[PDB]
K.L.:
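One structure coming up, written as structure tokens, with questions to follow.
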Amino acid sequence: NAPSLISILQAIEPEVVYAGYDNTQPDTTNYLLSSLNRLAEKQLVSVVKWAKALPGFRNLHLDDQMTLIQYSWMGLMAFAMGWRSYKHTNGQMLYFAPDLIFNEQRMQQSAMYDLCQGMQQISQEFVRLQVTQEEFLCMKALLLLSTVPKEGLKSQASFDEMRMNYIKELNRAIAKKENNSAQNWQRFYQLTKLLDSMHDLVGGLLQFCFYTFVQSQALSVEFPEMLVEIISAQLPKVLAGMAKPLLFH
Amino acid sequence: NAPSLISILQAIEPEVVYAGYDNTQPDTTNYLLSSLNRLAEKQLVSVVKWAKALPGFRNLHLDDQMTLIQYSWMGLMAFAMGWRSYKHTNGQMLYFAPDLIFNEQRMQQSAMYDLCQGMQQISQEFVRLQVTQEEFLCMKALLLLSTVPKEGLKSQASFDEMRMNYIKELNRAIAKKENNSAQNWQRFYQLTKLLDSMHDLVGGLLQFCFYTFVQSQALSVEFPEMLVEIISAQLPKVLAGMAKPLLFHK
Ligand SMILES: CC(=O)[C@H]1CC[C@H]2[C@@H]3CCC4=CC(=O)CC[C@]4(C)[C@H]3CC[C@]12C
Ligand SMILES: CC(=O)[C@H]1CC[C@H]2[C@@H]3CCC4=CC(=O)CC[C@]4(C)[C@H]3CC[C@]12C
């Protein structure tokens, strides 16, 4: 056979990115929120390299490629962050970058606190289910494919296929580790139910992101160049409500 | 909107068939089996009427239609039978027809007794699960679609899509109960798992049917005309192993 896409997912998985954060700084709301936005920009390049290499993706209309990234960029970063929080801190802390990690204090100072808790719960869920690296990588792919234009895509031809495979390949992963079907059947629930749960969270994250952005002047936080563009394009579409989450349940 | 798949399903559900059995007769292996085979013929005709009226069915290539039936005819009848046995006897007895119902003694004389038990366990599942009539109708539609030719279908064009609709429809039916996603997922698991259990049973039934078919002279068990051909046509394909059951997990 040809290489399993899972084996390719592993190959194209990005290496971790540093924030270039200065940890001697007092933890100040504005400074935290801004360095986070710096991090996002760096990660934004990473996730885009990734999606390109992501099998099936290039075969979508570039307006399709462009929209999917626009919607899901937040969820993918947040999801991946929760998986780092799990491997490194055991869901105890929010591990954004090896050099910027949110302890309790920082979550309170972020003025994102309730949103931080929410992200943390995603991480703890990872530790509760003991998600395997394979499960994670498949899930993260599906996340990309889990929010779509309310009016459907140009490549919907290609898309519905791709989405199916990554669902299939997710099954291939739940099946391999475990053995019994009663088990497979419930794994699949808990995992997909985890993916679904991401949507509500992202909404909240976005809500605040948008807010910080519009009020960036007043609040005095900085969104860097590349980051603005993406938000700028996304903000209107999602407020228009052209963005449809695809649930499992 | 346009009428529910499930509302059509209900419309086209066959009325119950009578066997025309003389219950004053003694309960004897040959008269019992022969009488079932008469019942199987009568049901056979309505099963086919049913499948035609089944939405998305006539859109399948006509070889696919004939194939699928030959495969699942046994499972449909036995599935339906266990449903009746749940509705009328509460899983207690085997209600093939209102006039011919197997109680313990008849399962003894049947000389299929371990199979009778098997079928009695299907109905008992219906009762353990408290299956709704809507759940039942969707499952029975799928049962048609759950054993396919191993080589594939001429138009798998349509089939795959149709099969999904009935799966969606089945979810539409579980959801109605107003449960949450986890209960729904659990209903779904336990239904399709009742479904899948059907093959094991049916395999066994086919076997003893094939047997009684061949040995009828020996056994003095008479297969009405129309029952004969379907078996004639099916038996080869089966023993060649060209029939692939479609499961919901191993
Ligand atoms: C400054 C601001 O509005 C906050 C709101 C939500 C925050 C983001 C939440 C998800 C997250 C995961 C990461 O790995 C770093 C960047 C991001 C993408 C965060 C960057 C800073 C954000 C953008
Ligand atoms: C004589 C014989 O081979 C028996 C073996 C199993 C029996 C069948 C079991 C399933 C059953 C359900 C019905 O409602 C009547 C017909 C049938 C289809 C039965 C017809 C007679 C059978 C076929």
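A, B, ... follow the sequence lines: proteins, then strands. Residue 1 opens every chain. Values below: every heavy atom of this structure, side chains too, minus hydrogens, waters and symmetry copies. Read the numbers this way: they start at 1 and go in the same order the structure lists the ligands and their atoms. How was it done? The header gives X-ray crystallography, 3.0 Å.
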K.L.:
Going by the PDB entry, what is the chain that binds ligand 2 with the most atom pairs under 4.5 Å called?
P.N.:
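Largest number of contacts: Steroid receptor 2.
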K.L.:
State which of rotigotine, escitalopram, mebendazole, palonosetron, progesterone occupies ligand 2.
P.N.:
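From the list, progesterone.
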K.L.:
Could you give me the letters of the other chains with a heavy atom under 4.0 Å from progesterone (ligand 2)? Thanks!
P.N.:
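Those reaching under 4.0 Å with a heavy atom: B.
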K.L.:
Which residues form the binding site of progesterone (ligand 2) when counting heavy atoms under 4.0 Å?
P.N.:
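At that heavy-atom cut-off, the site is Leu33(B), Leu36(B), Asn37(B), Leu39(B), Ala40(B), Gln43(B), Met74(B), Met77(B), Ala78(B), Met81(B), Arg84(B), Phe96(B), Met112(B), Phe208(B), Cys209(B), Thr212(B).
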